[PDB]
Amino acid sequence: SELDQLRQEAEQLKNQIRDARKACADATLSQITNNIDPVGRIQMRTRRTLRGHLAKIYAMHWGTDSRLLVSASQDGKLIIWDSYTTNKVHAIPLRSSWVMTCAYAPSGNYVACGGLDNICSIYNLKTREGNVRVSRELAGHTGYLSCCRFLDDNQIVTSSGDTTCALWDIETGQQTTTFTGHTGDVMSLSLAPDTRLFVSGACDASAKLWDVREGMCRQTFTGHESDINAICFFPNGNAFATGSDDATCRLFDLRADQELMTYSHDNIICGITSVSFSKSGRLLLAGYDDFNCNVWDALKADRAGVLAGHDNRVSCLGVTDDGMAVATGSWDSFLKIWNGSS
Amino acid sequence: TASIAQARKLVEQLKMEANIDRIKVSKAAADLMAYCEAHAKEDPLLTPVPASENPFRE
Amino acid sequence: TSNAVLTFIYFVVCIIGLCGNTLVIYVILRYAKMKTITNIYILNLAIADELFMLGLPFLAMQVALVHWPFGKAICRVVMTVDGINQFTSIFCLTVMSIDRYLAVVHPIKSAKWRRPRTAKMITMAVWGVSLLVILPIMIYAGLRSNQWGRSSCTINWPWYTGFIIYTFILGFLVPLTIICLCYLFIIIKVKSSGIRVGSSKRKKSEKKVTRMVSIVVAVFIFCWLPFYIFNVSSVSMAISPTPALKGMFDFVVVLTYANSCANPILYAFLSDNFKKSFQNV
Amino acid sequence: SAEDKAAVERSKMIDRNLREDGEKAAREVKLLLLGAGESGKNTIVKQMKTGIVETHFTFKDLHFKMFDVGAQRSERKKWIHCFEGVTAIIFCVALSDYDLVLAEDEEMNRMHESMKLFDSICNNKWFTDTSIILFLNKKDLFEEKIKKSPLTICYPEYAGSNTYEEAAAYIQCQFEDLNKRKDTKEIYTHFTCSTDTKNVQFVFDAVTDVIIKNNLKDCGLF
Amino acid sequence: XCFXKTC
Amino acid sequence: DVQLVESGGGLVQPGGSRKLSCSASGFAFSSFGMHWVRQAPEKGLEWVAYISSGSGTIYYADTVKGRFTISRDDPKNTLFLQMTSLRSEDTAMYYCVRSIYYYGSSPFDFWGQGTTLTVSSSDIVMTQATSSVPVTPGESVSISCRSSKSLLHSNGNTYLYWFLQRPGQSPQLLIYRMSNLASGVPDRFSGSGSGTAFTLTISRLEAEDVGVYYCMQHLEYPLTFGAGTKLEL
């Protein structure tokens, strides 16, 4: 009656864009990147070593001054480090210890966290009295919550495992938008440098671009064979890297609507727990789970480095705003703060 | 009528993504190549920092 | 041949007692469990058993051509550190057996006492008792040259018989009567739990790996018992000096230095982390 | 400096407060509570008193945390590593669903919707050494069911004997036959009674036996 | 006779 | 919100002893380092003591070292000071000042209301040579003071602390660490300088920016104020 009415219509829809994506696909990225130099041996040393977490570390986020950083561990502590002198500024205790994400406000006044308790609490750092206190709990998601990201002091986008991403107004405390196109569990978020779009990855093996003011799903990209675990934006704001459980990273261009470069090696067939980019967009840093991070080069697709100082698997990593550092938390309760040495 | 409500939700949405003007990749991905050339020297994990003004001295 | 090959016995103890034992200090410091309770209790037994075999080649250089190679203040301090690296390597066997007693027989009331702050205070306190029991060696670390000249290292008599029975109480009997209690009460409460109250068919364990709990005293008494018998036979019933007894009694010294060659194997191989940390490294 | 010496003073005031909450958090028992749906999980938490419903029921000198993941209508492969270090796993199965098929896809009689689950939980790589408490929930409800129909609808390879106390030799051993890694974990088993102690005292003394076999493996012996 | 760790 | 009201004293003979107490309310008192700062009649500010957060570090002033003692009570939220064998030089109004030190904090922001105590009958100095400026509102005024040492420390920050004591009032933090503006201050005030010479540049005066404008250092102990630059209108 009507089941194959729009099913066979849907076969017209994708086939209108499947070969159209191949139509503007004139040459391989690994054939026009032969012109440039390789990056070289990226040997990086754990300068500081932030110890003090007592369980697995599930997310960390750098402040905007490239000096403070917040790390959220699975024993239910949020800890703000002075990453210069390896000392604690604040240690925020959490109402539910099942944290899967954390974020730093770009003004520094606020930190948020959420996880398996389905709420993204935000915390006021710089207040009149001495302590950090919680400002608003943003309830309204029905899945587990996997990424909080602040747009400014009053708007924060959260993705969740009820297949929905949302936009919020923290002053009022309720969703101004909801972004529903995903079919599987949404695992990642990456706000744009202009903060006008974002991309979010899901367990349907597809990632999608959104608009924060419109509310509709702007683009949709396939290419992976299992769950997407991490998305960050390129420093363009015009590209993103998806790290998946298929042991691969892949790089999409939003204006080109399809993937360009795939980062894999035959000797590694475990997942990719976190992704971040560097200041040039020349170093893709990706925290795998054969217990070490791999520093991929985004233009050549080789393993440019290894950061092998971690006991258990690398669950999070973030690179600064100016490119000066990269922390990696992991499931063995340390943050190795790396830096390249002359 | 539940599966047809999602279906025209699925049909008209991809036609809102079908109008997307997409640029060819050697024009598009080279603009990802052209990004690093203005930011190659200013990335410290890429090119070696002078170790004195480096804040991470051990 | 009695003094030739048996002096070369000391050198094979000098390596595995100081290299198979020094890797235990490696896998605790670097590839750590550094502030759990069972790894600072096994660290002193890696520290005290390491440098105890370092006090051996001075005594090995004695018994070859028997005399003291220094006979000086420095020979008075070799017998002062082989009482401090030997009477705290077998008090640290005694605190680990009380550690495994509180970990297993009282599993709920333990961590109010078993915390890694005060297990760094039991670590430091066990060296303090070790100095208060060896100062009869630190005072009388003298010289004597009776048999065929050739002055040696010993304790100079002023309280002559009472030294060995002082080291028999606090050196052999009390570290054995605390280990053999705290390792016996384990074997009843592994059967009183897994086979009595909260139970299953898996109660094989109280019959199979209780070999490993009785291995430790079989090593602790094959290494330290005859040396305590050869001195109490020396004191009451005097005997004539014999070249064989100069080779027998100087071969039971190195038996005691083998106990600190088993304590790295016996304690840091069968453990949880070090079964994998040595497998990782 | 001099203000930095009061930053460092403040930071090791933080450090001695992390390491006082983290020694009072390795002293508490964490138990993932699982189940296949209508499994009597509400019955068990009734004895011991939108995402995690973290229940604390500390009763005998021993702090207890029980984490009901009941409302997570999402992939379990994506948040089950959060419970890797955990003491036990209290798995519930109602015994009065043995001829009760599911209305999803004319599925088998809900024990193949529990042996479906138990084989996935017991053989999961995060729970290779996580010993699983088993509960058989409806004891005096399927004694009425076994008279009306035997356990041949569920498994037609059973022996027979048509008895309430026969079904342990049918059903209970059929779950512990799925325990592939038999060296490391020990499936405990119980029959959930309405008595005050014997459904919560059993979780107490069969988590002592996880604790003791954790120390014996950590203190070298076992 | 013998005493301590020697004779 | 925050309130630090202290008490105790009013007339104690020389050779006697008087205990001061500063009762805190409205803030997380056990996170803050406390101070005492005294102020003689018709004279300037001068530092007395210190207790760090959690009673770890205690510094004193060399005029009172051994005569004075400082004590905090974190469950009761009350700061003490016990003073022995009182001299006539110990005639001052005493202020209870809070302070917190982590990365980026503004110490010395909230000051107490003050308690007077009268009796009957090597280190850096800060120099404010100016003692009186009579002006009109609406125009820019720069206050400047000088240091013995270079206040720029090797980590990067320069510890000079500007303050303002309105007539009949308590001081308040304008510019902490020589450059940054505190909480509640308007944006008209600003501080700058380098090394040894600094300047506090108000761009447009008001009828309430008139008062005595003190400068303190915090590079090393003791903390030393100079005599203030009095403004008139």
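Lettering of chains follows the sequences in order, A, B, ..., and the numbering in each one begins at 1. Values below: every heavy atom of this structure, side chains too, minus hydrogens, waters and symmetry copies. FYI, non-standard residues read as parent or X, and their leftover atoms are not counted in contacts.
- Present at chain E is the drug octreotide.
- Of all chains here, the one making more contacts with octreotide (chain E) than any other appears in UniProt as Somatostatin receptor type 2.
- Other chains having non-hydrogen atoms less than 4.5 Å from octreotide (chain E): C.
- UniProt's transmembrane segments of chain C, taken in order from the N terminus and checked for a heavy atom under 4.5 Å from octreotide (chain E), yield 2, 3, 5, 6, 7.
- The name that the PDB entry gives to chain E is Octreotide.
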